[PDB]
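Section: structure with digoxin.
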Amino acid sequence: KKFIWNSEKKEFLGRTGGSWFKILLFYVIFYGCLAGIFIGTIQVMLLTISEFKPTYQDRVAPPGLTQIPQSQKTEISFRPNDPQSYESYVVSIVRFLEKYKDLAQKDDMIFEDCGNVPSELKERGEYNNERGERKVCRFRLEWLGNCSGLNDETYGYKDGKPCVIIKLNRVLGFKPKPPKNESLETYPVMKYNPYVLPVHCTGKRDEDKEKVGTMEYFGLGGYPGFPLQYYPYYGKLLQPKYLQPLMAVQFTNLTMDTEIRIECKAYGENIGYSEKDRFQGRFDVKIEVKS
Amino acid sequence: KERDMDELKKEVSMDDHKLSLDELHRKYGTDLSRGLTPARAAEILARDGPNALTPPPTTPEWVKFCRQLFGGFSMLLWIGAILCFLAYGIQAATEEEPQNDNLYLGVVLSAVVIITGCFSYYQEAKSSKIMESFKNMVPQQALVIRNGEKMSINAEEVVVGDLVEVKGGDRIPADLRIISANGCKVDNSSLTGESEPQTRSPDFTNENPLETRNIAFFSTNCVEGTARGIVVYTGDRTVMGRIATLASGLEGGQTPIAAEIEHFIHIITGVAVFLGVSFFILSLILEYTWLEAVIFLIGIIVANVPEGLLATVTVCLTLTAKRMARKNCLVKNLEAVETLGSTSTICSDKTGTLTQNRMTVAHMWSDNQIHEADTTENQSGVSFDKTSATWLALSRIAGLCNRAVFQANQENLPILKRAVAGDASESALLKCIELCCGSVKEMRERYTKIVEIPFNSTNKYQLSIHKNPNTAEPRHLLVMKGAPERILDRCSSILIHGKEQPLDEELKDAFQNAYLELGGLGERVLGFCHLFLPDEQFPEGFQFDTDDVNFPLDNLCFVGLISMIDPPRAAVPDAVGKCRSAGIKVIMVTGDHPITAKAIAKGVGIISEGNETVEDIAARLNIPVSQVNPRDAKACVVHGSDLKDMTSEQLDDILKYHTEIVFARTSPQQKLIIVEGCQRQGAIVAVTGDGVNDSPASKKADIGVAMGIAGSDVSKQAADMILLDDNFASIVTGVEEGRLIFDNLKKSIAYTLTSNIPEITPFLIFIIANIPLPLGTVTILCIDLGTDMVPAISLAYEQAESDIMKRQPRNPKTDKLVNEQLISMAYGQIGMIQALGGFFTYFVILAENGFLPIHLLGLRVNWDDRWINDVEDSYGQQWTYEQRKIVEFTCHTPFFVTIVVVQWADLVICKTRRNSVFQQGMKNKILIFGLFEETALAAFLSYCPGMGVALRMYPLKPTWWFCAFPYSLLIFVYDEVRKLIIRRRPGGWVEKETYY
Amino acid sequence: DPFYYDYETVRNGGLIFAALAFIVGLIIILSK
Ligand SMILES: C[C@H]1O[C@@H](O[C@H]2[C@@H](O)C[C@H](O[C@H]3[C@@H](O)C[C@H](O[C@H]4CC[C@@]5(C)[C@H](CC[C@@H]6[C@@H]5C[C@@H](O)[C@]5(C)[C@@H](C7=CC(=O)OC7)CC[C@]65O)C4)O[C@@H]3C)O[C@@H]2C)C[C@H](O)[C@@H]1O
Ligand SMILES: *[C@@H]1O[C@H](CO)[C@@H](O[C@@H]2O[C@H](CO)[C@@H](O)[C@H](O)[C@H]2NC(C)=O)[C@H](O)[C@H]1NC(C)=O
Ligand SMILES: *[C@@H]1O[C@H](CO)[C@@H](O[C@@H]2O[C@H](CO)[C@@H](O)[C@H](O)[C@H]2NC(C)=O)[C@H](O)[C@H]1NC(C)=O
Ligand SMILES: CC(C)CCC[C@@H](C)[C@H]1CC[C@H]2[C@@H]3CC=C4C[C@@H](O)CC[C@]4(C)[C@H]3CC[C@]12C
Ligand SMILES: CC(C)CCC[C@@H](C)[C@H]1CC[C@H]2[C@@H]3CC=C4C[C@@H](O)CC[C@]4(C)[C@H]3CC[C@]12C
Ligand SMILES: CC(C)CCC[C@@H](C)[C@H]1CC[C@H]2[C@@H]3CC=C4C[C@@H](O)CC[C@]4(C)[C@H]3CC[C@]12C
Ligand SMILES: *[C@@H]1O[C@H](CO)[C@@H](O)[C@H](O)[C@H]1NC(C)=O
Ligand SMILES: [Mg+2]
Ligand SMILES: [Mg+2]
Ligand code: NA
């Protein structure tokens, strides 16, 4: 019964030739109309959104806190001797900071020298297109002391006492608000509370906090945070080649050959947290410099 | 080596009854008047087994439970669950942090099969639980003569070759050999099918052991008289034993619904493996390794398996079975409910099924005029003119000259269905008088009987004399009855409206033709006459003793003939007509006399009025019957004696060239051959019976229908459906529901099969375009086992779009439950629009949140990563892991809602296959509640506290609920105009290509 | 701030509608 393939009375795979053509033509016209309808409705959907602002921005309410070595499990395990052991880290650090070199920020028509001291926020009008392409404040690698150097094509970083810079998730129209001067026990920090978003690292338990001996932070002018002069963001369309602020963190006194957990928590009023997303506001890392 | 055992049972039985009394006494070694010694009795009783049918094969309850856990639909879900654990095995040991979706689904699929097994098993077992409440086995005793003394022992304590006596009213224990009869009339109705009470004579009458009179049979009842015999057969070696054991060992076959389900699974997996394989090869061609591609193959094939359709179809059938149980129509099988609709040939039994299996007064002959009487079981017909003098005469000739009265408890029972002792003929006459002529108690005692003359062995006549209490004449009243030949030879006066006339031939020949009219009609006629006795020649003191000629045998006054026959059941004629109205070939199969079978067949509809047989034409032309061409005879009567000398090709020809067939004098083992002959054509067979002769027939047929009370226990157990109220119209009800549930089943299938496209397409384009997952796994479960449950079940409640009892029965080769047109509709067009409607809402949510659709290409690589918390959208924003996964899950939730919205329109367009929604009408309250429950449930699964945690079904912004409205309305309009073009163009393009 | 969506309003409304649409269907299958 399964040899209905053909017959002398014209049938192929079950039906005749003229029937195969009729069905194929119908399905082509039908699916063509379906495709045109889906495209037209998707076009109307495209007409309901703008180019300078996402309609819904509530799903990114608490900004994240990422790092340069995008580790497979947020763990930094390498050997202070073997150069190939830490190649995966250095490669990502150099590729990340490849857009922050002094040669990359050379055009004065799209770059603006903010300043050597963190100042107030810089609002460049509204988000419409009435104004031209906004300017982006420069951020030279020199701000991250002891984790930038004047190295060659390969940034000779720290083998012993590694460097891990942190970055605040770029959000459109987000205006960071540092905590009030009435700081509710925020782990010794400088008195530059009004024009910089503080970020403080620490261990996770009584063991990790003890293993991690000393940490040294580096930022704009020497403050452990992000300057307010670089916010808010005006989208990729209006501000291309934008450089969000960076802040490096070096762990000097670490216990070699021991995996220790570090939690870098960013503080502020407009900075939320989440018990489900360990990256919203805070940030975790598992460092282990095994010799 | 049981094949030879069954073959030796399909053959007609042989015997050795045709022997002399001395030869029988020598073969069995038993005294013919004293019997055998009790020592020999117990010696045989403990030698070959007690006289009782060996019990049926017990069916343990765990066996049929495991049975419900398998089959066709369940096995598919089993291979699916096994494939889930297989894919999970490939995913666990090979990659990091494997997703528990596959295993989470495998356990659910297994639970689906298990729960369905529990429900279906409890249902099929409940049908048998109420069956165990119908076995009223009253242990009866037998009368055996042993050592010269009569004793009443248990029927199981009877052995072979012992003398047995029976009293009028007793049931024949084992198969005897009549050695001494005295007015013995037994009832071989439930066995061979003989309707009228067959007499039993000790002399050898016919070579066939069934038609002969010197053999008493098992399970037969002695109607009247006494008889002696020697037990020839015992236990299972009996006649009905050799029939019961044959029925217990026959095959059941494959129900048509099961064949449709199997073929449906064939198409399902046929396209499932096609898409899974072509996509597996395509995936390997792209970039994915064998490890990933195998998981994709398993996912695509398993996803193409309708998970919830199993329970929806099971309940779909159970619901229709409920209506069967309400109308007293029990179905032991949960699928045999549909078989009546797909039937095209009904093999009915005459005596007990078609007829009432009870002798009833048929017609009368008053004033030289035939008068039909009400022959219905419930008494709902036209009544004869009952206000004349001839009636007051004849009614008294019946109410006085009859040896029949009622019994003890017969006081509150109805007039007809009450027990009566005496002759069957006398019982019928007593009933007709007790109903159409007041009562018989005072009507009989009002005329004190003086002398009676019972029926004779030769020249059978029953006469008596009674006093006359009429206040107008103190004379005597002499009454007599008998065969119409005994009254014509002893009469000269004739009654008419009150006065008398001579025996003038001008009206005597008018009596003869009226005798042949009621005689050729398969009825048994009786003559009733009376004469006044002159009180001057026989005063009120002369006791005419029963010795010599005391009454005038001649010169009597004839009142009228009274014929009788077993009438067909009440709604039987109309029901047979309804079956023929649908195209069901009705074939009467019985083992009674052709003289009666042909008459009842004409009286019920199996023989149309006007069509002739091969014999009727010869009788009409006064020519030899072997001359006419059998093609001129549309109908034909087949004498079972001739059926013995036939082949398969011959019976095939009998059924191919003759539309109305009546099989008579057919043995129980021959009914099996007849059913197999009707099955060799390729049609569906339903055999309706009551007696034990219908057991192998009701077992081999595609569906057997047994009478609930007027049928034996063997055929009733070996049947597939039981008419608990014996109302044959339940057959018409069954065929209606079978076709109804068939079409409604197709609708429910197209419904569940439509949702498969939007359930699988997200995973397909997930692999091709490499976009984030548009539809999750748990959401798919919420669609197949959540929302779509009530719509699918509600679709079974739909009514008839046109007259189903008008169209011809479905063809098994052409009309399939799941044709390629249905797949072209659900999997082809409708489900495709639903899939596009889902992808629309997908792009809406993502583009509005910052991820434009053009930017979603090749994004799943880093999107599915757990640690990349800086993924860029089209606006330059950096999303973390949970922040983007929240959008993915809150993107699965509206996709699920989108499927529900398009399923609204799909459910409404599936409600009508050919009609329009405006023509039919949204009156299915189950469907209305299905829409409201589906919607409210989908909303509850999104806005309830903890859904984003338990099922990751985050709440939805109200604008999402309208992203699917245009696609739903589009589906509704396109399918409505489809059902419109099919209405105005019954040609076939829009019909033969889409109309499923 | 535009970085906040009053989810409780829509969630509570959807629950009330889910309850009403269910009890309405119940009344539908109770023709009395
Ligand atoms: C070696 C390198 O490995 C690097 O990790 C990779 C590799 O290991 C490759 C690895 O690919 C996965 C991943 O992409 C996830 C991807 O996941 C997809 C297939 C597996 C799913 C579990 C999953 C969730 C939906 C689910 C399928 C399974 C199906 O059977 C379904 C149950 C099916 C249904 C059937 C039904 O009846 O109803 C629905 C429809 C879809 C479905 O619901 C989607 O399945 C793919 C196979 O992604 C990892 C990240 C790391 C380093 O670079 C290392 O150097
Ligand atoms: C950056 O690294 C240099 C080493 O290359 C550090 O310089 C040392 O600073 C300590 C005081 O903390 C002096 O006692 C050493 O003599 C310095 N050594 C050299 C070679 O200059 C410098 O302190 C580091 N900067 C920071 C901010 O920690
Ligand atoms: C850096 O950490 C080391 C420990 O690794 C500190 O030195 C230890 O001090 C303890 C007493 O508290 C001694 O028992 C150990 O022998 C010391 N170890 C070494 C290697 O010196 C040291 O004080 C820390 N220095 C700073 C600046 O934090
Ligand atoms: C992911 C993409 C590339 C898969 C593309 C699959 C499309 C092209 C396939 C899937 C199902 C197919 C249809 C399946 C059903 C019918 C009816 C059949 O009797 C003839 C083929 C016909 C008319 C097919 C036409 C092509 C079709 C729509
Ligand atoms: C021939 C006619 C009837 C078809 C007209 C198409 C109509 C029904 C379609 C075309 C585009 C569709 C809209 C596309 C854009 C939006 C915004 C989105 O965030 C929700 C869906 C919503 C609100 C759609 C509603 C229905 C809509 C207006
Ligand atoms: C085709 C027509 C007749 C079906 C009628 C049902 C439609 C109109 C109903 C069914 C489900 C409904 C939605 C249910 C859930 C939500 C969330 C709630 O917090 C606001 C109302 C809103 C946004 C409803 C809008 C109207 C809606 C889409
Ligand atoms: C916060 O308070 C300290 C003293 O407690 C003061 O020196 C500092 O200037 C204050 N900063 C602001 C922004 O008010
Ligand atoms: Mg019968
Ligand atoms: Mg499904
Ligand atoms: Na059967």
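Chains: A, B, ... assigned top-down by sequence line. Here the PDB entry sets the residue numbers for chain A, with the shown residues being 13-303 in order. Numbers in chain B come straight from the PDB entry, and the residues shown are 21-1016, in order. Residue numbering in chain C adheres to the PDB entry, whereby the residues present occupy positions 17-48 in order. Indexing begins at 1, ligand by ligand and atom by atom, following the structure's order. All heavy atoms count here, side chains included; hydrogens, waters and symmetry mates do not.
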Map digoxin onto the structure by ligand number or chain letter.
ligand 1
Please name the chain that forms the largest contact set with digoxin (ligand 1), as given in UniProt.
Sodium/potassium-transporting ATPase subunit alpha-1
Provide the nearest UniProt active-site residue in chain B relative to digoxin (ligand 1) and the minimal non-hydrogen distance to 1 Å.
B:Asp369, 49 Å
With a non-hydrogen cut-off of 4.0 Å, which transmembrane segments of chain B touch digoxin (ligand 1), numbering them from the N terminus as UniProt lists them?
2, 4, 5, 6
For chain A, what name does the PDB entry give?
Sodium/potassium-transporting ATPase subunit beta-1
Hey, which residues are hanging around digoxin (ligand 1) within 4.0 Å, heavy atoms only?
A:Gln84, B:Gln111, B:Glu115, B:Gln119, B:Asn122, B:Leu125, B:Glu312, B:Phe316, B:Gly319, B:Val322, B:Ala323, B:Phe783, B:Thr797, B:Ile800, B:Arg880
